[PDB]
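Check out this one - bortezomib (bound form) stuck to Proteasome subunit beta type-2.
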Amino acid sequence: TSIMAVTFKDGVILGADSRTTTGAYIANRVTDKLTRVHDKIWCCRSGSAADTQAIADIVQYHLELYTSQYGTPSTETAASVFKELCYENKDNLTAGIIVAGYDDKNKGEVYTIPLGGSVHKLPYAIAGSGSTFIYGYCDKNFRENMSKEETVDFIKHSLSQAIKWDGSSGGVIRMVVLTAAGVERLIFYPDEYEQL
Amino acid sequence: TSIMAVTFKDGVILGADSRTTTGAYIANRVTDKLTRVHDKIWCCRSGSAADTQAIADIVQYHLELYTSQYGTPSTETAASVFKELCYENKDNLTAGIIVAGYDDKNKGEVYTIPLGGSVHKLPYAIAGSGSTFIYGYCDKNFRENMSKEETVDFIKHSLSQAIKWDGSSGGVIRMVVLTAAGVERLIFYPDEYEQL
Amino acid sequence: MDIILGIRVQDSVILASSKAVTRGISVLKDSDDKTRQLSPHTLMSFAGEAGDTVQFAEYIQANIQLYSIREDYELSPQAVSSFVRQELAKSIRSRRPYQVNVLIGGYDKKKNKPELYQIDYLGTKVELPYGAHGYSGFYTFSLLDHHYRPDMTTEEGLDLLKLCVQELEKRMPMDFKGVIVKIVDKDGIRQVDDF
Amino acid sequence: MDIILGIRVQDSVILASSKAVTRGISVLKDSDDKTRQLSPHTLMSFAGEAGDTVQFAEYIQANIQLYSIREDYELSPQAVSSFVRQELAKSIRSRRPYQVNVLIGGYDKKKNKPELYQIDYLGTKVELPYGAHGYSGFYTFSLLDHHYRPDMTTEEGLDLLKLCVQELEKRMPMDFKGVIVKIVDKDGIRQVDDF
Amino acid sequence: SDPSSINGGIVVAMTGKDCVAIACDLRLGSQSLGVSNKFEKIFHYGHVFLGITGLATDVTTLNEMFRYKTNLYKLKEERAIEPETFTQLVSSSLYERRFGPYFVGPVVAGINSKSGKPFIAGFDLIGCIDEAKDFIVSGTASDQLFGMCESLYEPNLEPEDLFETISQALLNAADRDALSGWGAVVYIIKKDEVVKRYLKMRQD
Amino acid sequence: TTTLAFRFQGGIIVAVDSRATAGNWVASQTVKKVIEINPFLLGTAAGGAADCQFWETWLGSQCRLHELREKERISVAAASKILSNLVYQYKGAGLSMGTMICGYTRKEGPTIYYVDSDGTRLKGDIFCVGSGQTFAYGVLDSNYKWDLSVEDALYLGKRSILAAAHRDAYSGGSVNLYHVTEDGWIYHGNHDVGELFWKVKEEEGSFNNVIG
Amino acid sequence: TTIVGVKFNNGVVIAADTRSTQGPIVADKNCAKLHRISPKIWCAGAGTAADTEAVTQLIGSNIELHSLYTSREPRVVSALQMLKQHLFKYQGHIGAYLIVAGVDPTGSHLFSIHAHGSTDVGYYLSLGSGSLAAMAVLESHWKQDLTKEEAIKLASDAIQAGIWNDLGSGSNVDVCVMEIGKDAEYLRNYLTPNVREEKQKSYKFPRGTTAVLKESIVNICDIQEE
Amino acid sequence: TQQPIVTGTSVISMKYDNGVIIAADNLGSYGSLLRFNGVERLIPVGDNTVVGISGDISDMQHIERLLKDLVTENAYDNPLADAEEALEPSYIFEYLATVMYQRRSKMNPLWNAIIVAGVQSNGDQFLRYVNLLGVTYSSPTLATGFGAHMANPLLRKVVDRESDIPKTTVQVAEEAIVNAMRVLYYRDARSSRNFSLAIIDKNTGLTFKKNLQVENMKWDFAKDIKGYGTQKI
Amino acid sequence: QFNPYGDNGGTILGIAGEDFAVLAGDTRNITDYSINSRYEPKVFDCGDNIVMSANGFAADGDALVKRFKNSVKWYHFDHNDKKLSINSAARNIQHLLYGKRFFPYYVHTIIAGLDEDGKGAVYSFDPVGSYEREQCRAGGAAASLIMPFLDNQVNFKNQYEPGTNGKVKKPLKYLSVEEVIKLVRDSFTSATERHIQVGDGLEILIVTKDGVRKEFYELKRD
Ligand SMILES: *[B]([O])([O])[C]([C][C]([C])[C])[N]C(=O)[C]([C]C1=[C][C]=[C][C]=[C]1)[N]C(=O)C1=[C]N=[C][C]=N1
Ligand SMILES: *[B]([O])([O])[C]([C][C]([C])[C])[N]C(=O)[C]([C]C1=[C][C]=[C][C]=[C]1)[N]C(=O)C1=[C]N=[C][C]=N1
Ligand SMILES: *[B]([O])([O])[C]([C][C]([C])[C])[N]C(=O)[C]([C]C1=[C][C]=[C][C]=[C]1)[N]C(=O)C1=[C]N=[C][C]=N1
Ligand SMILES: *[B]([O])([O])[C]([C][C]([C])[C])[N]C(=O)[C]([C]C1=[C][C]=[C][C]=[C]1)[N]C(=O)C1=[C]N=[C][C]=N1
Ligand SMILES: [Cl-]
Ligand SMILES: [Cl-]
Ligand SMILES: [Mg+2]
Ligand SMILES: [Mg+2]
Ligand SMILES: [Mg+2]
Ligand SMILES: [Mg+2]
Ligand SMILES: [Mg+2]
C-alpha cells in the first residue's frame, strides 16, 4: 500500500494506490483507499482492509452524530476519534491511517496515525508498505505552500516510485482534492504515471 | 548500512556510510566499509562485518595470486570470485556486497551481489538497510555518463537521505573514485551533508 | 486409582475394586474402598484422578439419597445411571472436568433383574454383562468372553472373578494390593470379607 | 529393569535382583536373572534401558574372561570395577551411551575380604558396605543404616535382605515378582534357590 | 485425541422406489479396546429416523436432546415432525454450538407422510446440510462407504433389493475399518411399515 | 497384531493373526506373520511389517550360511542372537520389531526366544507379542499345562488368537497355526475368523455376550 | 469453490459451482451455493458451508423484519453492512466468504465480503479456491456495457474455468440473474457438463445374499385405542 | 536446506501445430521489494531448446552455468556437434531432472521450478516440467507458480487435449501466451510489465523476442469505483 | 524448513486373473488443488512381461521405476539373458525400497504379471519394502474407496447363496479378462466421482502369455 496526504496553499490533497493483496495474489486491482468520514474530512487507509473499514465506518458515524448536535467538526476532532479507536484497541487492530481535512479557519491539515495509535500533525504524511521507498524523494522534493498543479505532480511522482518498487502497491493512482471550492476526484492510469 | 556504487563518464565511484551497530549501540562511528581487493577493484560491504571481512580477505588473496600468474584481472572476474564464495556458502553467510572496478578496455563497471549469491551487472547499485529509503530518489535522479562532480553530488545527496532515515546508517560519508587518473579518497562530514 | 471390574450374573451384580492407593513412588494405603452405596440396591465403584473420584462419588451419593427421601422411593439402576451420565456429560465441557470413570451395579426390584452399567468420564454409557475401566479390560475381557455365561450363579461369578484377578496379578506391572469384592442382589449390598 | 540390591558382610557379598521383565503394560517374564559371572569370584548385577543392559554385561564378561585366559589369573574386584567404570565413563560421551547401572560384588582372594562396588551409567564408582540402584535405595538404605553391622554373618545378611525385600513389596507400586539372590565368597558364587 | 475417532462407528442411508433405508454398525470402543457390541446408533422420533456417528457421549446426548425437542414439537403442533422439518431442527441445534461443537456426524432418513416422497440428509458436526438424492454416509469408514455406495447404488430400487445393496455397502466398508463392525443393523422404511434386520458379520 | 508361542510336552505351538493396518484403515487381512526360516526354525512378526519381513528373511540367509560353514544345524540361541545383535546396531534409528524365534534342536530341546528392536532378548516358555497380546495372555495363562496333547495345545493357541482378534481392533483376519516338533514344524492351516468365531461360539458355548 | 458476480446493462448476475469437499473427498456433488437473502438480493458463499448458510439466514431474517418495519424493499447496502459488521465482530472465526448482489430502488449492486469483515466494490468479482481460474477468464473477456446474454455467458464460463482447473470446484453451474424492474430468475443447474457415464455392470444382488440373525416389526405408530 | 532470496515468478508455455512457445517476465524480486528489473529468465540452449526458470535467481545462474558448460562438453571430440549429435531438448531436460532430484535427496535443493521447451530431431514438440523436489510432468500447456493457477486455465481453452495441437496455429498460440502475461500482470503482486518470449518452430527455428511489454490494458472502469460499499462521493 | 516430500495424488489398481493380470491407473497428476497434467503415464512396461507402478510422490515413483528397469537390464547381463520371474522381481524391489529405510521412497508400489506356472500374479508393497502376493489390490489416494468394492465383487465377501440364508457362501468362480476390465472401469468411475485427485483418464495394461497390451478410457475432467 502506498498512501500520502499533502497540504498546500489552497488546502490539502490525499493520494493512494488501488492494490489489495492476499499474499502475492492481487485480490482487487481497482480498490478505493481514499474514504470519506465527512464532507471535507477524508482519510487514507493502510493495513488490514477489514480493520480500517470498520474503524472508518465507526468514525463516520461519530462525526455524523457530532454534526447533528454541534455543527461541522474540525479535522483535529476527526483525528482524535480515529486515535481513540486505534489506541484503545491497539492489541486487536492492524491499521495505519492518515487523516486529512479542510477547514476555512484552519485551512488544510494532515494528521497521521501509525500502528501504536499515536497522533502526529504534519505538513505532509506518507504511509503504507510502499512509503519506505520514497522517504528520500519526498523529503527532498516537498515544499510548503505549493500550488494545486505542483502538489498533484508531487503526489503523482511520489506514488509512481512507491508503486514501481513495492509489490504490495499498484494499479491506478487515486487522488482527492480538498479546498474551499469543493471536492474533486482525480485518477491516473499506469500508461500515464509509469513513463514519468 | 548505506552503500552504493555509480558508473560515470570517466569511470566509477563507490560510496558508503561509517556506522557499525550492535543492536542500537554504535560499536564504531568511523568505520571504513569501502575496501580494496585490487588496485582499481574495490567493494562496498554490508551485512555481517566478520563475514564480509573474511570474504574480502579471501578475494584479495585470490586476485593477488591471479595477478602473479595471469596479470591484472577484470572487474567481472573479481565479481565471480565474490559470487563463488557467497553462493557456495550461502547457508552460513550474511553478506551483501557491491563490487566496483575500472578497466581501460571496459571502463567503469558495477556488480551487485545480494544475500542469495546471485550476480547483477548494473549502471549503478544500492544496498544495505538504508538503501530502501532511496530507491525512489536514486531512480529519479540517476543519469548515464555523468561527470565526476555530478556523480559525487548524486552519491552525497543519496547517502545523506539514507543516513537521515536509517538508524543503522550514520557518521561520515566515505567515497572512493576509480578512474584512469588513479584512486582518490573523499570524505564528507555531518555538518556538510546534513544541511543538503 | 487403578483397577475396577464388574460382572452381571443370573440374580446379582458383582463389583471388584483394588485396595491400593499410590501417590508417586509409595503405596500410602492398601485397604482403600473405591465404592459408594447410592441406594440400598445400587452400588457405584469409581476410578480416575486423585480427589475428583471421591468428590464426584459422594456428590452423586448425596443427590440420590436426597431423591430417596423426597419421594420415599428408590430409583431404578437405569434411572440412576442416566443421572450419573448426564452429570459427566455436563462435566466434560466445564472449566475443569471431573476426571472420573465409574461402574454402576444395581438390582432392579421392579423387573427382578441385575443390571451393570459402564460410564466413562466423557459420559459414555453402556449396559453390559461384564465391564471394566482402564487397562483392566485388556486382560479380563478375553477370559470373560470365554467363560462368562448369562446364567451363572453368584458362586460361579465369584470363581470367574478370581480367575480375572489371578490373571491381573500375573501380568499387570502395578501391585494393586488385591481387591474388595461386593455383591448386589435382591436382598441389598454385602461385602465378601475373604477374597 | 527395576530393583538391584547389594550388601557386603563379614566374609561375603550378597546380591539381590528382581525377576520381572515388563514391556509397557505386560510382564513378559517373571524368572529373569539380571546378573553375569565375570570371573569365579566376581559377580555383576545390572539394570537400565532394555537391550543395553545385557549387551553391556556380556561385553564386560567377554573382556574379563579374555583377560583371565591371557594371564591365567583372576583380576581383583577393585581392578574389574575400575575397568567397568572406565568403559561407562568412555560411554557417556559417545554418540549413543550405554544406559546401564551396575553393582559389582566380588571376593578378593589376596586380601581375603568381600568387596561391593556401585557404578552408575555416568561412570560414578563408589565402594560401599551396602548399595542399590534406582528407586530401591529410597526404601532400603534407612533399614540398612539401622540394622547393618559390618561383622554380620551371611545368614544375618540374608535376614536383613529379607527385611529389605519385604519393605519393597509393601511400599513400591511395581510388582517386581520377587528377587534372585546370589552369594559371593571365598568358595565362589552360588544361588539361594529358596527366597 | 481426535474426538471423532475415539469410539468409532458408521452410518449409511439410501433412497429407493417409494422407500428409504438407513443402517449402522454396533461397535463402541475406547480406541483399540472393543467395549460394546450392542451400541446402536440409529434412533427414531415418530416416523423420522436419525443415525449419529462420532463421539459416543454426544451421540447419546443428542438423541436425548432431539427426543426432548420432538416431544415438545408434537404437543404444540399436534402432529409428528416431518423429515424436512427435523433436518432444519438438527442444523439449528448443531450451529448454536458453533465454537464448542458436538463431535458427531448425523444422518436423517424418512418418508414424508403427506407427499409420500423419500428423503435423506447428512450433516457435518456444526450444522451444514447435505441433501442428496441417492445416498448419505458418515463415520470413521466414510471413505470406504463412499466407494461402496458410488459403485453399488442404482436409483429406483425395490425395498427388498435396496436391503441387499445397503447391507453389502455397510458390511464391506466396515471390514476395511478397524474401529467399525462388531455387528450391524438395517432399517427398511416404507410409508406405513418399517422392518428392522440384524446382520451376521465377522466379529473382529 | 497378536502373536503367541508356548512350550509344551509335544513341542511348541505358534499362532498368529493376519491383520495389517495404517491408522484405522485395514490395509490387509491376509498377512503372513510367521516366517519359515528353515524346516526347524520359525519367526513371528509384530510391529513394522517391512522391518520384520526384511530382517527375518535376512536371518534365514545367515542361518543357511552357518550350517554351510559349520556342517550343523544352527541353535535357536545362536539364531536369535544374530537377529538381536543386528537390531542393536540400529538401536535409536527407529526400527520397530517384536518377534519370537521358535525352534527345536537336540542340545536345546524346544526353545523360544523373544527378540525385540530395543535389543531385548529373552528365553521363555510362554510369550505373547503385539497390540492384542494382553487378550491372548488371559486365555493362555488360565488353560496352560505342560501335559497338553498336540490336538488340545493347537486349539488353545487358535482360541487365544481368536480372543484377541475379537477385542483388539488392530488384530483379526485369520489365524495361522504351526506346530514345532522333534522332526520340524508342521503347518496347520489358515482359519478365517469370520467363520471360526461362529463355529467356536456354537460348539464351545462361549461369547454368550454376542448374539448369533 | 468457484463463485462469481458480473454486472451488466440493466442488472447483475451471480454464479457458482456445486461441489462441497471434506479434505480430498467430495461430500456433495450437487451442492447449492446460491443463497437468497431477500427476493431480489442473492449471495454466493465460499469457505465453511455451515457459516455461509447460517450468516445468510440470520441477515436474511433480519432484512425481512427490517423490510416489514420500514415498508420498503430491502437494499443491498443494508445486507452488506449487516454482514460485514457481524463477521468483523467474530474476527474471522465465522468462515464466510460472500459475493453479495441484487437490485433495489437505488439500482443494481455487486459487492464481495470476506470473513474478517472487509468489503469491496466491482463490476466483476470472484471468490474461493477457483477464483484465480475464474478471474483469469473475467480479466480476458470482460468489457463495459455487457448485455444480459453476454453476462450470463461470461459468468458461467468463469465458473467452468474453476470446475475444470480447480480440484476444489466441480460438477454443475448454478446461476441467478437479477435484472432491474423484473423478478430475479434462479437458474438451478444452468449447465450440467459432468453427468456420469453408464456403468459397465449392474450390482443388484440376488435376494437372500445377506445373512440375517433376527427380524422384527418396528412400532412407529402411537399408542393405540381399545 | 535454505530459503530463496532473490526470486523469479511465473514461467508459462504451450504447444502448437509446428512447435512450442514459452515466456517469462524480467523481474528479480527481493521479498516484497521489486529489486532487479532487467533479469533474463529464458535461457536458450543451441537453436532447438529454451529453458525457462522460476524461483531462486542465484540457483538459476548456477543452472545457467551448468547448461553453458553442457554445450561446451558436448562439443568435445564430437564432429557432429552441430548436426546429428547436437543437444536435444530431451537430453537437456533429463540432465536437469537428474540434478534436481539428486539435490533434493541431499537435503540441499536448487530452489527452482523449470520448464524445458523445444523441438526434437524428428520435429516432435518437447515440453516438460521439473522442480526443486525432482517432480516431473508433461502437458500440452505448462506453467509455474501463479501461472499454474491463472495461465493454464486460459491456455487450456486453446489446447484442451492432444488432438487440439495440430488445430492450433502459431498466431493463435502466441496471442494466448501474450494475453496470459497481461492477466498475470493484473493479478500477480510479484510480476512486471516487461517480459521475454521465445518460439521454437520446426520450420522457422528459434525466435527469441526481448523487451516485450504488456499492452491493451483495461483500467478506465476504475474511475467509477468509489468507497467500499456505502460511499457515493 | 525444506520438505523433501510431496503428494502427486493419483490411484492405481491391480487384479490377477486365472491366466492373465491387469495393472490400471489414472493419468491425472496434481499438487495441492491444481492439475499438473491430465495425461501423465503412471503404469509402465518394465520388460520380461512385468508391469509396474509406484504411486504417491512422483519423483520417488519415477526414481524407483527407473532403478527397477535398470535392475532388469543388469539381471540379463549378469545371468545369461534369463527371464526375471515375477517373484524374483518382487524380492528385488523389497531391497530397493528397504535400502532407503531411513529416508524412504514415499510410494505405494504394485507390480503385475504371470508366475512361473502361467497363472496371473499381483504383488503389493508398502513404502519401506514389505510385500505380499495378492489376488487384488488398489493403491494410492482413492485406495480406501476401491478396495472394499473389490473385496465384495472379486472375492464375493459377505455374499451368500439365496434360500440357504447365511449357511452356504457364494462360490468363488473365476473372472474373465472382459469381466475384470468392467470392474476396473466401474472402480475408477466411482472413485472419480468422490475423490478430487482422481480423473481425466484411465490407462490399463493387460498382461498375458502373448505379451503386454494397452487400453485407454476417458474419465471426468472436473
Ligand atoms: B495495503 O497493502 O496496506 C492494503 C491497504 C488496505 C486498506 C486495502 N492492505 C492490504 O492489501 C491487506 C494486506 C496487507 C498488505 C500489506 C500490509 C498490511 C496488510 N489486505 C487485506 O486486508 C485483505 C486481503 N485480501 C482480502 C481481504 N483483505
Ligand atoms: B551495516 O549496518 O549493514 C553494517 C555493515 C558492516 C559491514 C559494517 N553491518 C553492521 O553494522 C552489523 C549489524 C548489522 C546491521 C544491519 C544489517 C546487518 C547487520 N554489525 C556487525 O556485524 C557487528 C556489530 N558489532 C560488532 C561486530 N560486528
Ligand atoms: B501388527 O499389528 O503389529 C502388524 C504386524 C505387521 C507385521 C503386519 N503391524 C501393523 O499392522 C503395522 C501397524 C501397526 C499397528 C499396531 C501396532 C504396531 C504397528 N502396519 C504396518 O507395518 C503396515 C505395513 N504396510 C502397510 C500398512 N501398515
Ligand atoms: B468451497 O470449496 O469453498 C466450498 C464452499 C461451501 C460453502 C459449499 N467449501 C466447502 O465445501 C468446505 C471446505 C471446507 C473443508 C474443511 C473445513 C472448512 C471448509 N466444506 C464444508 O464446509 C463441508 C465439509 N464437509 C461436510 C460439510 N461441509
Ligand atoms: Cl478496502
Ligand atoms: Cl568493517
Ligand atoms: Mg542515522
Ligand atoms: Mg552411583
Ligand atoms: Mg548379527
Ligand atoms: Mg478386532
Ligand atoms: Mg475441478
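Here is the naming used below: chain letters follow the sequence lines, and residue numbers restart at 1 for every chain. One-based numbering, in listed order, for ligands and for the atoms of each. Only a selected region of the deposited structure appears here, and contacts were counted within that region alone. Just so it is clear, the values below take in all heavy atoms, side chains as well, and ignore hydrogens, waters and symmetry mates.
Put simply, copies of bortezomib (bound form) show up as ligands 1, 2, 3 and 4. Within the structure, the other chains placing a heavy atom under 4.0 Å from bortezomib (bound form, ligand 4) are, by letter, E, G. The entry attributes the origin of chain G to Saccharomyces cerevisiae.
The name for chain E in the entry is Proteasome subunit beta type-3. Checking the UniProt active-site residues of chain G against bortezomib (bound form, ligand 4), the nearest by heavy atoms (to 1 Å) is G/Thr1, 1 Å. This entry records a covalent bond between bortezomib (bound form, ligand 4) and G/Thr1 OG1.
Site of bortezomib (bound form, ligand 4) with heavy atoms closer than 4.0 Å: E/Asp124, E/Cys128, G/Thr1, G/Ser20, G/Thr21, G/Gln22, G/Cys31, G/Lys33, G/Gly45, G/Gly47, G/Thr48, G/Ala49, G/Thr52, G/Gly168.
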